[PDB]
A.B. asks: 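Hey, check out paromomycin bound to 16S ribosomal RNA.
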Amino acid sequence: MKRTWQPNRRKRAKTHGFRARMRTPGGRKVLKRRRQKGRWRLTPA
Amino acid sequence: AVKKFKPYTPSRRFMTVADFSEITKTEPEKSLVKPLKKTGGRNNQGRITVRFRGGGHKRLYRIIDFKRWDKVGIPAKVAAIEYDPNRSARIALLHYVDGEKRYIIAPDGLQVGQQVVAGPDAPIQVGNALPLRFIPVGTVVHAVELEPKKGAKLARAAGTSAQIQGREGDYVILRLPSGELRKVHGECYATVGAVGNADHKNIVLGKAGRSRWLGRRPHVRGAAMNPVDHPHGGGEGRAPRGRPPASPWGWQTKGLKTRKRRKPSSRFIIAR
RNA sequence: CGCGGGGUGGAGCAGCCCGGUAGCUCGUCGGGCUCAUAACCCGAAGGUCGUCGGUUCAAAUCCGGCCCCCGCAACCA
RNA sequence: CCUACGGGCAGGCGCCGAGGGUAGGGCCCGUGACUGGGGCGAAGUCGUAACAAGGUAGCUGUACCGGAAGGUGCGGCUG
RNA sequence: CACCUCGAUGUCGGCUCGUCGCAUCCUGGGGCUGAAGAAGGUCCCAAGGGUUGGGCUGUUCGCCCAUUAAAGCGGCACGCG
RNA sequence: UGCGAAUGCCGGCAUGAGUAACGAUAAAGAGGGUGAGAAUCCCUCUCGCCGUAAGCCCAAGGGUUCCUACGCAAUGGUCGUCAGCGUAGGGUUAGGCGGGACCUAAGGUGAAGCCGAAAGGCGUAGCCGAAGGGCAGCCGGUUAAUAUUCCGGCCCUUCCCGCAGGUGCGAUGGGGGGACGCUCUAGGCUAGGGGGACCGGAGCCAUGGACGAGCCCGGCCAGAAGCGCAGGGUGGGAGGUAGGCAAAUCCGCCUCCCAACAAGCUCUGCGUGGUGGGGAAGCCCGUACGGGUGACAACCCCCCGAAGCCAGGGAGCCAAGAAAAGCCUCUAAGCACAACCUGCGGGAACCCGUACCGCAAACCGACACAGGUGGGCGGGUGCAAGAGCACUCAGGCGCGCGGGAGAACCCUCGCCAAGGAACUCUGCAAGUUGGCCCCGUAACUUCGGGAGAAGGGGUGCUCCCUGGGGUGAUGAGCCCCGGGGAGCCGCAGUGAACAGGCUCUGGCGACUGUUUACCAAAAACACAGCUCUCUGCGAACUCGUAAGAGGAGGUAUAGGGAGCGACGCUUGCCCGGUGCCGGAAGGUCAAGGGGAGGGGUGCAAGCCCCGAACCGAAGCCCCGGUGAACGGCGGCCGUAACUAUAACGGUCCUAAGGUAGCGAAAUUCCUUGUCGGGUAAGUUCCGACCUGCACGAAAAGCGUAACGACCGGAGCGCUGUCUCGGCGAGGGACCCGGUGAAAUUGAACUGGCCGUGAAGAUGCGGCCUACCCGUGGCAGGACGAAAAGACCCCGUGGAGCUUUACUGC
RNA sequence: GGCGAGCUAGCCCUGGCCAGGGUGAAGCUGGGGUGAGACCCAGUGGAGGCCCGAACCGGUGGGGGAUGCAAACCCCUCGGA
RNA sequence: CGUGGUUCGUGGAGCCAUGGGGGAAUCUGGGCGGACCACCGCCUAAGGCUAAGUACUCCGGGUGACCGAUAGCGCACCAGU
Ligand SMILES: NC[C@@H]1O[C@H](O[C@H]2[C@@H](O)[C@H](O[C@@H]3[C@@H](O)[C@H](N)C[C@H](N)[C@H]3O[C@H]3O[C@H](CO)[C@@H](O)[C@H](O)[C@H]3N)O[C@@H]2CO)[C@H](N)[C@@H](O)[C@@H]1O
Ligand SMILES: [Mg+2]
Ligand SMILES: [Mg+2]
Ligand SMILES: [Mg+2]
Ligand SMILES: [Mg+2]
Ligand SMILES: [Mg+2]
Ligand SMILES: [Mg+2]
Ligand SMILES: [Mg+2]
Ligand SMILES: [Mg+2]
Ligand SMILES: [Mg+2]
Ligand SMILES: [Mg+2]
Ligand SMILES: [Mg+2]
Ligand SMILES: [Mg+2]
Ligand SMILES: [Mg+2]
Ligand SMILES: [Mg+2]
Ligand SMILES: [Mg+2]
Ligand SMILES: [Mg+2]
Ligand SMILES: [Mg+2]
Ligand SMILES: [Mg+2]
Ligand SMILES: [Mg+2]
Ligand SMILES: [Mg+2]
Ligand SMILES: [Mg+2]
Ligand SMILES: [Mg+2]
Ligand SMILES: [Mg+2]
Ligand SMILES: [Mg+2]
Ligand SMILES: [Mg+2]
Ligand SMILES: [Mg+2]
Ligand SMILES: [Mg+2]
Ligand SMILES: [Mg+2]
Ligand SMILES: [Mg+2]
Ligand SMILES: [Mg+2]
Ligand SMILES: [Mg+2]
Ligand SMILES: [Mg+2]
Ligand SMILES: [Mg+2]
Ligand SMILES: [Mg+2]
Ligand SMILES: [Mg+2]
Ligand SMILES: [Mg+2]
Ligand SMILES: [Mg+2]
Ligand SMILES: [Mg+2]
Ligand SMILES: [Mg+2]
Ligand SMILES: [Mg+2]
Ligand SMILES: [Mg+2]
Ligand SMILES: [Mg+2]
Ligand SMILES: [Mg+2]
Ligand SMILES: [Mg+2]
Ligand SMILES: [Mg+2]
Ligand SMILES: [Mg+2]
Ligand SMILES: [Mg+2]
Ligand SMILES: [Mg+2]
Ligand SMILES: [Mg+2]
Ligand SMILES: [Mg+2]
Ligand SMILES: [Mg+2]
Ligand SMILES: [Mg+2]
Ligand SMILES: [Mg+2]
Ligand SMILES: [Mg+2]
Ligand SMILES: [Mg+2]
Ligand SMILES: [Mg+2]
Ligand SMILES: [Mg+2]
Ligand SMILES: [Mg+2]
Ligand SMILES: [Mg+2]
Ligand SMILES: [Mg+2]
Ligand SMILES: [Mg+2]
Ligand SMILES: [Mg+2]
Ligand SMILES: [Mg+2]
Ligand SMILES: [Mg+2]
Ligand SMILES: [Mg+2]
Ligand SMILES: [Mg+2]
Ligand SMILES: [Mg+2]
Ligand SMILES: [Mg+2]
Ligand SMILES: [Mg+2]
Ligand SMILES: [Mg+2]
Ligand SMILES: [Mg+2]
Ligand SMILES: [Mg+2]
Ligand SMILES: [Mg+2]
Ligand SMILES: [Mg+2]
Ligand SMILES: [Mg+2]
Ligand SMILES: [Mg+2]
Ligand SMILES: [Mg+2]
Ligand SMILES: [Mg+2]
Ligand SMILES: [Mg+2]
Ligand SMILES: [Mg+2]
Ligand SMILES: [Mg+2]
Ligand SMILES: [Mg+2]
Ligand SMILES: [Mg+2]
Ligand SMILES: [Mg+2]
Ligand SMILES: [Mg+2]
Ligand SMILES: [Mg+2]
Ligand SMILES: [Mg+2]
Ligand SMILES: [Mg+2]
Ligand SMILES: [Mg+2]
Ligand SMILES: [Mg+2]
Ligand SMILES: [Mg+2]
Ligand SMILES: [Mg+2]
Ligand SMILES: [Mg+2]
Ligand SMILES: [Mg+2]
Ligand SMILES: [Mg+2]
Ligand SMILES: [Mg+2]
Ligand SMILES: [Mg+2]
Ligand SMILES: [Mg+2]
Ligand SMILES: [Mg+2]
Ligand SMILES: [Mg+2]
Ligand SMILES: [Mg+2]
Ligand SMILES: [Mg+2]
Ligand SMILES: [Mg+2]
Ligand SMILES: [Mg+2]
Ligand SMILES: [Mg+2]
Ligand SMILES: [Mg+2]
Ligand SMILES: [Mg+2]
Ligand SMILES: [Mg+2]
Ligand SMILES: [Mg+2]
Ligand SMILES: [Mg+2]
Ligand SMILES: [Mg+2]
Ligand SMILES: [Mg+2]
Ligand SMILES: [Mg+2]
Ligand SMILES: [Mg+2]
Ligand SMILES: [Mg+2]
Ligand SMILES: [Mg+2]
Ligand SMILES: [Mg+2]
Ligand SMILES: [Mg+2]
Ligand SMILES: [Mg+2]
Ligand SMILES: [Mg+2]
Ligand SMILES: [Mg+2]
Ligand SMILES: [Mg+2]
Ligand SMILES: [Mg+2]
Ligand SMILES: [Mg+2]
Ligand SMILES: [Mg+2]
Ligand SMILES: [Mg+2]
Ligand SMILES: [Mg+2]
Ligand SMILES: [Mg+2]
Ligand SMILES: [Mg+2]
Ligand SMILES: [Mg+2]
Ligand SMILES: [Mg+2]
Ligand SMILES: [Mg+2]
Ligand SMILES: [Mg+2]
Ligand SMILES: [Mg+2]
Ligand SMILES: [Mg+2]
Ligand SMILES: [Mg+2]
Ligand SMILES: [Mg+2]
Ligand SMILES: [Mg+2]
Ligand SMILES: [Mg+2]
Ligand SMILES: [Mg+2]
Ligand SMILES: [Mg+2]
Ligand SMILES: [Mg+2]
Ligand SMILES: [Mg+2]
Ligand SMILES: [Mg+2]
Ligand SMILES: [Mg+2]
Ligand SMILES: [Mg+2]
Ligand SMILES: [Mg+2]
Ligand SMILES: [Mg+2]
Ligand SMILES: [Mg+2]
Ligand SMILES: [Mg+2]
Ligand SMILES: [Mg+2]
Ligand SMILES: [Mg+2]
Ligand SMILES: [Mg+2]
Ligand SMILES: [Mg+2]
Ligand SMILES: [Mg+2]
């Protein structure tokens, strides 16, 4: 029955995307973090 | 003067609708002078700040005219009386000789045909806006201004009036629909007559649904909540208030007065 | 079994707290007014205070046991 | 089968049909825990409404109230 | 009373399947009788086997209806999830 | 720095075990081929299953899964030569299809501006934002794999430039327009489908008959201009003009004059059309798919016909139904050797997607998971209709372990003599009933209902006669609705499939609705409606530190809070306490004002400190009001000419002592109260009494038609629920081949009884019994498994909740 | 201090969907009716949180499932439509 | 008056800072030495700049009674995979 993943490409980028992580200071930090740990991916694809 | 239905379905039984005879040919409520897209929206920026709202028919705002002094001395003929869904009252469409068209909140009386005028001049007959200092004592008048040039704000709901009981200083004394006794400035534009479509008080929605068409969602009694969400929520099978009855936010809701006292406007009031 | 209150002329209640006075209304008895009754007025009578103890100089009153009356509780299971 | 056969009788099917069954109505009678008023029955209880301004003139339609008669409001009549 | 069990011993009633005891409800054998016969009373032996169908209530129990030779009382983690 | 325990951590390997399972009971069988190997790959034939799908096209999502060659270690629940798997190579073509060099929507962002300790929050215009608006391609063929994309045919839009002809041209600005709901719905058409005796077509005559107006197959598709057909759109001229934030010659408005019609003009739809292309059965080829022929195919009449199109059509209704651009008109700067408009001609026309899966083995569910997933198409026949049901077309499937066997037992099914709720907590379950037409139908009622009440009859086929409609002509055909009559057959004609059991009577809730996603669907919530209360509008109220916003572009016939809950009849008494409301007096009271009076130090001037009276708010006190505000609404004793009983009285208390109505109740402890009813029997049910442990009037009181997957009682019908079981079917269980888990597990060589033992012993004691080891079965025991008991206590453990607990904000 | 409304709840903008049958409100027309009316009766008409019933939305009772096909499923039955 | 800082938690509570209120002087002026006064002294507020000694280790070197693949950084290995 309707599970919790209902992937939709526009929402995923609108929500977790790069351009979005960067307006909220709280997320510019998510990037700062992810970059420091050396995540090969700063954001979802 | 209000339509009744045989009970061919429960709710149709007691249900009762408006009379739309005053409505001179209408439907297409004329674009130009209104409509204007209306923003149905039940909360402010984010959060619900008036409870139990939303849903209900889509709506087109009729941009109605509340300052009437805008067109002193220019008369106008009255072309339509039509259904406005954003007020208890019905609205008169009036063609000016100026060429200009706008809407007015339709007084009890205006037949489709009258010339209507506004200004210190102007004959005292239903539909004509004057300043208040020039309207003769004892006249019922409506769509009143509270301070000169600020727009009509008093007595504009179907059937509401306001008698002018006296004059004193640059001010006149009205009885507003609330029974209150208020001094209003003399220069404030009022417009002679009562508001009309006055049976509106007597409609009976009839079923739950009708209350939603109207845009009002179900309203749940504190009584029926838990104590987390309302100062009346608990017991174990219906337990009296058990305190002086209260609103979700805590303040007492039976009797406790609310008007800010220091208000400047106090020095211009006198009743209930 | 638990807790609290109570028992006072015939009825219903004070007095018990703070030791030493027994009081109120009704009723009962005698006498008036009335043709008569009632109402009304004038007079009087009647209690050992549930009981056994104990304290005190002295106990309705302070203490304890027993006898009754009424009320409250008896929950997790 | 009989004949005096292009016949009759037996026999067969059919309509109607007393009544039997199933179903649901109507009307009347009897009866029933209990309950409502009513009549009647020498000397039971409570008050005093009415009859004499009945000691608050009476009566009256209505309405509310009250152990009970009754009282009260509104209007009416005069008996 | 608080002894094993709170790093779990699932609690009433029914149903199913029983098994045991005897302080015997019936049937078998008896003594005594205020036992004429018939039918009973009371006590003794006896556990082979039997010990009904319904109404009410979740009930066990009990009341009741119709019968019956009788419509037994208990134990088994108030036998048995 | 030494391990055996920490339900320790990490890893390895065991037990259960060749055990359960191998994922829908739509179903398989044989021949042939390939290969080391074949139930599992290919092919043929036969069988079965989907067909409002289990077929087909689109959108999401997915991301090489597409196509071909080669291959099988692993993935595939078996096998595997096969594959969505491995390796490699190929494959996605657009001015017109979708999106972008267009528009705006909620919302976002945001010059100006506002606010906030910083971070930041708001915000006019603007900008961004789409499945909405705007916008030009239809059809056939070709590829192993793409196609409205390549090709072919016919058709079209925009930009640039030029030539002609026309005009005051010109816009981010003005106006028109775009531009709009729901239900019903006219006409004409189209998609779609059926029939034909007509036109085309390979063949076919079996098995008793048929060479026949036989059978079987097919009889269209796209298409400019013109033209028909249907429908939408719309008045024309003149003057005045102060409104549409400049200006208009435009629009608005006033007068007047002409048509009032679609006449005219315009637009779309359908038809026809040049041209283009398709084109079955069957037979042959060879598939792993398709190709040849049929053929020079034919290509036509009739009927049924949308929910689609003409479209902005029409009527009714109340809840009263986006924006902006494209478009057109108007003008302003500006320019008018410009520019625009029209026609023609040349040229120019960019970016992204396009494979494939897409109700699923390619998406969301760890899985090739019986679950979930939006739009469109969805044929035929019958059944009254229909997207229902049965069968079926096209198309797609037999669900990736099999073979046998024919036990118990389990699941899903069918049937049962007599009985018929006797079962049980309860008719749970299952049965009965069941579509359509006709007859018929009660109490009660708010007059609509109750109603499918109830209870009944009819239902197939054949022949004869016969009425009306649509289409054609008024006719035949064809399609539709019937009416009457004589017959035939079976156990039975809605002959299969989909298709209510019913009545009586209480409780609660008026009603449709809503709810604890995943143990509660309810008598709970909501609900129209009633009442109280607040709020005069920069409203109250809510969110926010603010700005601001919601309320509301509302205004007391409105908005907030609270209770009650359709409707009928009603809703009593207490304001002493608490709440709120009112009260210009008085009492108290903080800072502050005020300083009489005192003190510290100085030689002194001074400097500095304490401080009475008195003037100083709200709050509280105090005075009053208020009950659809929180709330409350008595005790003893006596009394009548049998007796009981008490209308009457006495007395104590109170703020006042419960009115109407109701009452063993969703409330009654005693209690299975008592009486009546129902039953052979009634702790329940119904009626009644009142002794109300502990009913009672907006946490409403008492009723109420209708309504209910609520809950209680009773009856009829019918039954495997039962007396009481039996038989039968299929899927498992069993055996054989292939693959092969799990909780659990100190170690085991793991018996009964009677004892004992930490009080319930395979493990101690005595006695008894007992050859070793499996398999199918049953669940009494291993205080069997699971979960560090949820109950209970304990911890100066936690957390949600409350208030006249404390203390704060 | 940050991350979440791609599940779920509410609201906002914009689209879409609901076979087929039944019942027959107003209004309208006609007839009766009256001084005029109310009203009556036909026909027409097509209203409704109206009825039956698929899609679709549900989740009533029961059975099965319970190391499942499934960390909520399956079958029969049932509610709205 | 309200608070912060200092060892200072209103304490006899100064000093330094300052949200609010009132509000000077310029050497004979001002601040300070722990309520306040005197005396005796210290120091020049309301403007500013200033190397070094000091902190740290992404990074480079050198050492080790530091680890030796369950250790040692999570990663000795194409791991923030
Ligand atoms: N029969 C009279 C009717 O009913 C009522 O009358 C009845 C009663 O009111 C009346 O009762 C009366 C009473 O009022 C009066 N004040 C006392 C008197 N003793 C009683 O009377 C009764 O008493 C005894 C019993 O002991 C009987 O034997 C006697 O017959 C009977 N009348 O007795 C009547 C019936 O017996 C009304 N009074 C009257 O309005 C009406 O007309
Ligand atoms: Mg869904
Ligand atoms: Mg994921
Ligand atoms: Mg997941
Ligand atoms: Mg999207
Ligand atoms: Mg890298
Ligand atoms: Mg409510
Ligand atoms: Mg609750
Ligand atoms: Mg919360
Ligand atoms: Mg909250
Ligand atoms: Mg609270
Ligand atoms: Mg409460
Ligand atoms: Mg309660
Ligand atoms: Mg006494
Ligand atoms: Mg006396
Ligand atoms: Mg005397
Ligand atoms: Mg004594
Ligand atoms: Mg408790
Ligand atoms: Mg009587
Ligand atoms: Mg009198
Ligand atoms: Mg008298
Ligand atoms: Mg009198
Ligand atoms: Mg009277
Ligand atoms: Mg009395
Ligand atoms: Mg009078
Ligand atoms: Mg113990
Ligand atoms: Mg002990
Ligand atoms: Mg254990
Ligand atoms: Mg014996
Ligand atoms: Mg029973
Ligand atoms: Mg036994
Ligand atoms: Mg016991
Ligand atoms: Mg037991
Ligand atoms: Mg070890
Ligand atoms: Mg050890
Ligand atoms: Mg070890
Ligand atoms: Mg390994
Ligand atoms: Mg085994
Ligand atoms: Mg087995
Ligand atoms: Mg097996
Ligand atoms: Mg399978
Ligand atoms: Mg396909
Ligand atoms: Mg791949
Ligand atoms: Mg191959
Ligand atoms: Mg392999
Ligand atoms: Mg394999
Ligand atoms: Mg598998
Ligand atoms: Mg492939
Ligand atoms: Mg491959
Ligand atoms: Mg496409
Ligand atoms: Mg460009
Ligand atoms: Mg834009
Ligand atoms: Mg912002
Ligand atoms: Mg854009
Ligand atoms: Mg579009
Ligand atoms: Mg396009
Ligand atoms: Mg093609
Ligand atoms: Mg393809
Ligand atoms: Mg022009
Ligand atoms: Mg066609
Ligand atoms: Mg056709
Ligand atoms: Mg030929
Ligand atoms: Mg032959
Ligand atoms: Mg021939
Ligand atoms: Mg055809
Ligand atoms: Mg004109
Ligand atoms: Mg055409
Ligand atoms: Mg054409
Ligand atoms: Mg051709
Ligand atoms: Mg094939
Ligand atoms: Mg229209
Ligand atoms: Mg724009
Ligand atoms: Mg142009
Ligand atoms: Mg493609
Ligand atoms: Mg494709
Ligand atoms: Mg496909
Ligand atoms: Mg689909
Ligand atoms: Mg697939
Ligand atoms: Mg498919
Ligand atoms: Mg999957
Ligand atoms: Mg599979
Ligand atoms: Mg699946
Ligand atoms: Mg049918
Ligand atoms: Mg079907
Ligand atoms: Mg089939
Ligand atoms: Mg096929
Ligand atoms: Mg039978
Ligand atoms: Mg039979
Ligand atoms: Mg029967
Ligand atoms: Mg029974
Ligand atoms: Mg029984
Ligand atoms: Mg049933
Ligand atoms: Mg059935
Ligand atoms: Mg009924
Ligand atoms: Mg037929
Ligand atoms: Mg036949
Ligand atoms: Mg014809
Ligand atoms: Mg039915
Ligand atoms: Mg139904
Ligand atoms: Mg309900
Ligand atoms: Mg739900
Ligand atoms: Mg639930
Ligand atoms: Mg505002
Ligand atoms: Mg607004
Ligand atoms: Mg309520
Ligand atoms: Mg009351
Ligand atoms: Mg009070
Ligand atoms: Mg008071
Ligand atoms: Mg009070
Ligand atoms: Mg007598
Ligand atoms: Mg009670
Ligand atoms: Mg009886
Ligand atoms: Mg019960
Ligand atoms: Mg009471
Ligand atoms: Mg109550
Ligand atoms: Mg109340
Ligand atoms: Mg109620
Ligand atoms: Mg009731
Ligand atoms: Mg319902
Ligand atoms: Mg229900
Ligand atoms: Mg059976
Ligand atoms: Mg053995
Ligand atoms: Mg033992
Ligand atoms: Mg030993
Ligand atoms: Mg032993
Ligand atoms: Mg065994
Ligand atoms: Mg066992
Ligand atoms: Mg077993
Ligand atoms: Mg255990
Ligand atoms: Mg524990
Ligand atoms: Mg604590
Ligand atoms: Mg959401
Ligand atoms: Mg559909
Ligand atoms: Mg409905
Ligand atoms: Mg219904
Ligand atoms: Mg269910
Ligand atoms: Mg449920
Ligand atoms: Mg279930
Ligand atoms: Mg179940
Ligand atoms: Mg059904
Ligand atoms: Mg259904
Ligand atoms: Mg339905
Ligand atoms: Mg301190
Ligand atoms: Mg300062
Ligand atoms: Mg100095
Ligand atoms: Mg110093
Ligand atoms: Mg000093
Ligand atoms: Mg110094
Ligand atoms: Mg300086
Ligand atoms: Mg520096
Ligand atoms: Mg280093
Ligand atoms: Mg290693
Ligand atoms: Mg390591
Ligand atoms: Mg490092
Ligand atoms: Mg590691
Ligand atoms: Mg690496």
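Just so it is clear: chains get the letters A, B, ... in the order the sequence lines come, proteins before strands, and each one is counted from 1. In listed order, ligands and their atoms are each counted from 1. Quick note: numbers below take in every heavy atom, side chains included, and nothing from hydrogens, waters or symmetry partners. Only a slice of the deposited entry appears, and the contacts counted are all within that slice.
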A.B. asks: Counting duplicates, which ligands or chains stand for paromomycin?
C.D. replies: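 All copies together: ligand 1.
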A.B. asks: By chain letter, which other chains contact paromomycin (ligand 1) with heavy atoms under 4.0 Å?
C.D. replies: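 Counting heavy atoms only, the chains are D.
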A.B. asks: What covalent connection, given as residue and atom, links paromomycin (ligand 1) to a chain here?
C.D. replies: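 The covalent anchor is absent.
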A.B. asks: Within the displayed structure, which other ligands or ions place at least one atom under 4.0 Å away from paromomycin (ligand 1)?
C.D. replies: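 That comes to ligand 110 (magnesium ion).
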A.B. asks: Could you pull out the residues near paromomycin (ligand 1) at 4.0 Å? Heavy atoms only, by chain and number.
C.D. replies: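 Heavy atoms within 4.0 Å: D/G39, D/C40, D/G41, D/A42, D/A43, D/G44, D/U45, D/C46.
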